[PDB]
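Next up: a structure with risedronate.
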2 protein chains.
Amino acid sequence: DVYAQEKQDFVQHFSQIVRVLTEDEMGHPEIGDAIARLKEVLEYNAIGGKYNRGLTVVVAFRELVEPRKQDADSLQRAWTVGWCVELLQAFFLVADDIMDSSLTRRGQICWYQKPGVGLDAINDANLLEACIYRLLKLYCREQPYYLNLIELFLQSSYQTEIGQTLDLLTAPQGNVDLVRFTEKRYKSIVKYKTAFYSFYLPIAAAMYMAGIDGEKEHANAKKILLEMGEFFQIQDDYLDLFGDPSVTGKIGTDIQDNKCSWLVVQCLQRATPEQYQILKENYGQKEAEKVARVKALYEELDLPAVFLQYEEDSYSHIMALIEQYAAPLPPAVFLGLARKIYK
Amino acid sequence: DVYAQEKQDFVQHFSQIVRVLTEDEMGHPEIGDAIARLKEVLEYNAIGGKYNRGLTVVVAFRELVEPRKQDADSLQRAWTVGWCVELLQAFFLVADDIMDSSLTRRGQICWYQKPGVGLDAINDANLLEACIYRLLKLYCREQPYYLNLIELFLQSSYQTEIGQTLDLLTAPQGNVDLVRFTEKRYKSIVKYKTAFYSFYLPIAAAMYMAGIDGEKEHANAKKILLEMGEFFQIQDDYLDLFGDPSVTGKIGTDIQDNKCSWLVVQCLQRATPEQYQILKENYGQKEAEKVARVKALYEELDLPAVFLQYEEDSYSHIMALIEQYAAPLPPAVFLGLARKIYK
Ligand SMILES: O=P(O)(O)C(O)(Cc1cccnc1)P(=O)(O)O
Ligand SMILES: O=P(O)(O)C(O)(Cc1cccnc1)P(=O)(O)O
Ligand SMILES: C=C(C)CCOP(=O)(O)OP(=O)(O)O
Ligand SMILES: C=C(C)CCOP(=O)(O)OP(=O)(O)O
Ligand SMILES: [Mg+2]
Ligand SMILES: [Mg+2]
Ligand SMILES: [Mg+2]
Ligand SMILES: [Mg+2]
Ligand SMILES: [Mg+2]
Ligand SMILES: [Mg+2]
């Protein structure tokens with residue numbers, strides 16, 4: 001597996017990430033305590049994921065750039081830009097866990113739930129964001145793609161925040177209005193909150209580093225990647241309820257938080273007026289027995305089978321899009337990524 | 001007053017800010033609801049302040065740039081960059097109010113206290129931040145100083161967040177350890193949390209737009225401006241307790257929040273072991289009667305007189321620094337700003 005190959009090299013690079021980020025302290029001992037906190041935040045929140053996004057930058061880089069230009073310096077920059085995407089991920093998740101009132105992340109207590117952290121986590125998340133641009137400046141400032149990367153990260157952050165706004169607006173706490181939960185709305189939420197930053201960004205970053213800046217090449221890459229992103233969020237929604245917290249590393253909250261989940265949207269498409277009543281009575285509440293009633297209804301409508309069938313139809317469709325839109329990029333780039341997220 | 005002149009033109013420009021920010025919606029009706037929320041957030045949180053920071057960009061621009069280069073386009077860009085600093089301010093304040101558990105801001109209820117907003121305000125704050133860079137791209141991308149402005153805003157944000165980390169670390173909730181509250185620590189907190197973004201940033205932005213990018217000119221400007229920033233935070237700390245909420249627009253929380261305020265640092269310098277006990281017993285608690293005991297001790301030590309005397313010594317010192325370090329920039333730039341914040 002081409003991700004497995006690159007992994008060990010990528011993950012060890014995090015030591016260098018932390019080192020150069022906390023040598024800002026050398027020239028200013030006055031901020032020592034802040035730099036120590038930064039290190040803690042990084043070590044807690046940027047480590048322990050699958051690294052799909054960061055590894056994708058490196059894999060795509062190695063597949064897009066002529067082996068004659070893969071010197072030690074160019075490789076260090078690739079790992080760094082990969083870690084920038086992982087820091088973006090950490091920024092979004094620390095804040096998302098606060099807003100979604102979640103308990104665990106990646107198999108440990110959410111950072112804001114940690115004793116003595118609490119809403120201070122808001123500033124910690126913003127620091128993670130800031131570190132992206134410090135890394136970009138330190139490693140990439142004299143490269144021709146520097147400004148393109150800066151604008152890409154900024155734009156991806158804006159899109160993600162717009163998506164989060166839609167997520168939160170569609171799920172007002174205490175106000176169960178199931179008519180809002182349409183497929184059209186679902187698709188817009190996930191495109192913005194997940195697809196751009198999780199799928200387009202890491203490949204686009206590699207493309208810029210390879211000198212592929214053409215409007216057309218990026219537009220074609222998007223057509224494939226945003227579709228993969230939709231599937232990825234749908235899988236996340238399924239896993240919120242039907243996943244084993246021991247494997248996912250996080251306790252589900254979509255029902256309690258009144259979210260426009262793929263599951264609730266599919267339920268509303270199949271529900272008799274009497275099933276609709278059950279949903280309306282038990283959705284968006286914290287009571288464990290009410291959540292259990294919604295899961296039992298999902299199970300009745302065979303939603304887990306409907307998801308299985310969506311996964312298969314989706315894989316076939318993404319493969320068709322790769323056949324059409326990959327060129328002039330190597331299909332391997334997209335095939336590797338697809339194999340990582342479906343199987 | 002040269003701020004008063006420029007004001008009406010600057011403030012009316014906010015209509016154009018909001019318009020171009022919410023025409024992102026024209027090409028994507030799917031995110032309409034998010035764009036409506038963005039508009040609300042802007043109108044609530046970017047309006048109602050003194051605009052000292054944003055006006056400073058415009059004033060300095062008009063004083064630094066040859067009147068022959070102050071066309072309508074260059075002026076529109078100046079107003080925009082001014083509004084970018086006001087958006088940065090709004091980002092920091094929305095988040096700061098959450099973290100500091102504050103009640104009002106600029107004479108209205110804090111955004112996160114508004115019914116139906118709550119911790120969703122975390123994402124709203126991040127959107128304010130994102131809008132800075134959208135404005136910079138839309139108005140300034142083809143100008144020679146574009147990248148310098150982008151790096152300036154990013155770096156100022158990082159410094160501010162480091163400062164906020166020190167603020168929050170020095171004020172752990174429920175853990176009153178008054179020995180931490182030294183002048184040396186106070187000075188480091190305020191330099192980072194306030195001085196860079198409030199004083200250096202707006203002048204530096206004008207300098208870059210005027211083509212003054214020299215290391216030396218910026219280093220000299222900092223020497224003056226960071227000192228002004230220290231005074232400005234000290235005045236803020238005094239006003240938290242001794243200001244009239246009807247004028248300041250915000251209810252004070254420093255005592256309740258266990259903060260390393262200039263006032264508590266000055267108290268510890270003057271206090272008998274028996275006054276020290278009083279402080280230690282009543283500081284960092286929410287009880288109105290305990291807060292009242294701390295204010296009465298401050299009044300005993302004549303802290304309000306000590307502040308008056310600091311204000312005067314500080315004005316004289318800043319004026320001495322202007323005499324030394326302003327050149328080759330016009331002293332008016334710094335004098336105008338000083339007159340705005342002292343009187
Ligand atoms: O990991 P989570 O919390 O299940 C999630 O995927 C996290 C997340 C944050 C931001 C953007 N996309 C996904 P969410 O959308 O809250 O279900
Ligand atoms: O307006 P406030 O809340 O009194 C304050 O000045 C706001 C603030 C936020 C961020 C940086 N500097 C000041 P704080 O430091 O919390 O006392
Ligand atoms: C956008 C989503 C669905 C958040 C989870 O992403 P991942 O499942 O890739 O989380 P980590 O590997 O980074 O933990
Ligand atoms: C950095 C500080 C002390 C926050 C308040 O700044 P201002 O007093 O300039 O607040 P507004 O005019 O923007 O309301
Ligand atoms: Mg979540
Ligand atoms: Mg969420
Ligand atoms: Mg989820
Ligand atoms: Mg505050
Ligand atoms: Mg504060
Ligand atoms: Mg204050």
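Just so we're on the same page: letters track the sequence lines, and every chain starts at 1. Basis for what follows: all heavy atoms, side chains included, without hydrogens, waters or symmetry-related copies. Atoms within each ligand, like the ligands themselves, are counted from 1 in listed order.
Counting every copy, the structure places risedronate at ligands 1 and 2.
The main partner of risedronate (ligand 2) in this structure, judged by heavy-atom pairs under 4.5 Å and named as in UniProt, is Farnesyl pyrophosphate synthase. The heavy-atom neighbours of risedronate (ligand 2) at a 4.0 Å cut-off, by chain: B. When only non-hydrogen protein atoms are considered, atom 7 (C) of risedronate (ligand 2) lies nearest to B:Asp96 OD2, 3.5 Å. Residue, atom and distance of the protein heavy atom nearest to atom 16 (O) of risedronate (ligand 2) are B:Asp100 OD2, 2.8 Å.
Restricting to residues UniProt lists as binding Mg(2+) in chain B, the heavy-atom distances under 4.0 Å from risedronate (ligand 2) involve B:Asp96, B:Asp100. Here is the list of risedronate (ligand 2) atoms found below 4.0 Å of a heavy atom in B:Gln164: 9 (C), 10 (C), 11 (C). For B:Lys259, no heavy-atom contact with risedronate (ligand 2) is shorter than 4.0 Å.
Scanning the protein heavy atoms around atom 17 (O) of risedronate (ligand 2), the nearest turns out to be B:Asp236 OD2, 3.2 Å.
Considering only non-hydrogen atoms, atom 3 (O) of risedronate (ligand 2) lies nearest to B:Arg105 out of B:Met99, B:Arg105, B:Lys250.
Among all non-hydrogen protein atoms, the one lying nearest atom 12 (N) of risedronate (ligand 2) is B:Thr194 OG1, 2.9 Å.
Under the PDB entry, the species noted for chain B is Homo sapiens.
Nearest protein neighbour of atom 15 (O) of risedronate (ligand 2), counting heavy atoms only, is B:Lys193 NZ, 2.6 Å. Checked against UniProt, the dimethylallyl diphosphate-binding residues of chain B with a heavy atom under 4.0 Å from risedronate (ligand 2) turn out to be: B:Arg105, B:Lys193, B:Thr194, B:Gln233, B:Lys250. Contact annotation: for B:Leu93 versus risedronate (ligand 2), heavy atoms closer than 4.0 Å belong to the side chain alone. Around risedronate (ligand 2), within 4.0 Å by heavy-atom distance, are found B:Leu93, B:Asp96, B:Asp100, B:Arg105, B:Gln164, B:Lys193, B:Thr194, B:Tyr197, B:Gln233, B:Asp236, B:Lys250.
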